[PDB]
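Drug bound: olaparib. Macromolecule: Poly [ADP-ribose] polymerase 1, processed C-terminus.
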Amino acid sequence: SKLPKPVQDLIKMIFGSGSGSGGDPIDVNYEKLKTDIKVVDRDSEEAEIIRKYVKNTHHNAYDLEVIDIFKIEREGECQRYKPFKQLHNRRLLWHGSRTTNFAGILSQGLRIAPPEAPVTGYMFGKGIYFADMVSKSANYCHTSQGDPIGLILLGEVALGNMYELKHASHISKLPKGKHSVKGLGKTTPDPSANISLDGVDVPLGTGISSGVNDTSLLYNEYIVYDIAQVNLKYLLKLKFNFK
Ligand SMILES: O=C(c1cc(Cc2n[nH]c(=O)c3ccccc23)ccc1F)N1CCN(C(=O)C2CC2)CC1
């Protein structure tokens, strides 16, 4: 395998041996992801922006520490995103998931739960859910004290005109001219620190009080209902440091 070590370690992490796992070399599993993966240089400004994003948008439970930052390009996704690439309000947002899902997530992308599934466990319907604060997303890694390494995505999400809710709707259907849902949290990143890569907003202000009174959520949530509104950009490998 010519692939860089961090990339090889990641491949190992999300496929894992044992059973029908004594088999399949690194490069074959990599090609299986239908994804280009490059290591973001630790010294890059890209890396600095991302570490600031992690550091600032994070209390109690565990301590997050970045180990590796990967730039990812899933086959065909950028071309799929073109419909929404010139739609106002695009943000770089977090998506955590458990490691065992990342093989599927990288090869198939993030997907909309099938229409037949029941509506419980979908606070804002069957969509793709993001956060503007890593701590929120990082709980969905379900990482343990025993294996305290986790994977979180950063995706460019084309939110457009948001539909702003303080409570669960449980439906996947938006009013006319709304393209996404913003779950309104108590805490929000400080807008005076938000910067703009590309024309994509990176909300890396330190968490402050949002002023929103009557609400269930500690943190904002963002939900889109069309896979073409998501363009995955980075994958972070994170050390969780517990108590
Ligand atoms: O985004 C979600 C999702 C995530 C969650 C949990 C969650 N997980 N991760 C987060 O970063 C996050 C942030 C804010 C709010 C919720 C989350 C709940 C309901 C959901 F439908 N997906 C459902 C599971 N996904 C799939 O691709 C499966 C195949 C259908 C990815 C898309």
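Numbers here simply count residues along the sequence, with the first being 1. Whatever order the structure lists them in is the order used to number ligands and atoms, beginning at 1. Per the header of the entry, the method used was X-ray crystallography, 2.6 Å. What you see below is based on every heavy atom in this structure, not just the backbone, and it leaves out hydrogens, waters and symmetry mates.
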Nearest neighbour of atom 24 (C) of olaparib from the list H95, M133, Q108, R111, on a heavy-atom basis: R111
Region of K136 engaging olaparib - heavy atom pairs below 4.0 Å: side chain
Active-site residue (UniProt) of chain A nearest olaparib; heavy-atom distance: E221, 4 Å
UniProt domain of chain A with most contacts to olaparib: PARP catalytic
Numbered atoms of olaparib (with element) below 4.0 Å of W94, judged on heavy atoms: 11 (O)
Whether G127 lies under 4.0 Å from olaparib, heavy atom: yes
NAD(+) binders in chain A (UniProt) with heavy atoms under 4.0 Å from olaparib: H95, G96, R111, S137
Enumerated olaparib atoms positioned under 4.0 Å from heavy atoms of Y122: 19 (C), 21 (F)
Among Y140, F130, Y129, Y222, closest by any non-hydrogen atom to atom 3 (C) of olaparib: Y129
Binding site of olaparib, heavy atoms under 4.0 Å: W94, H95, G96, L110, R111, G121, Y122, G127, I128, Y129, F130, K136, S137, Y140, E221
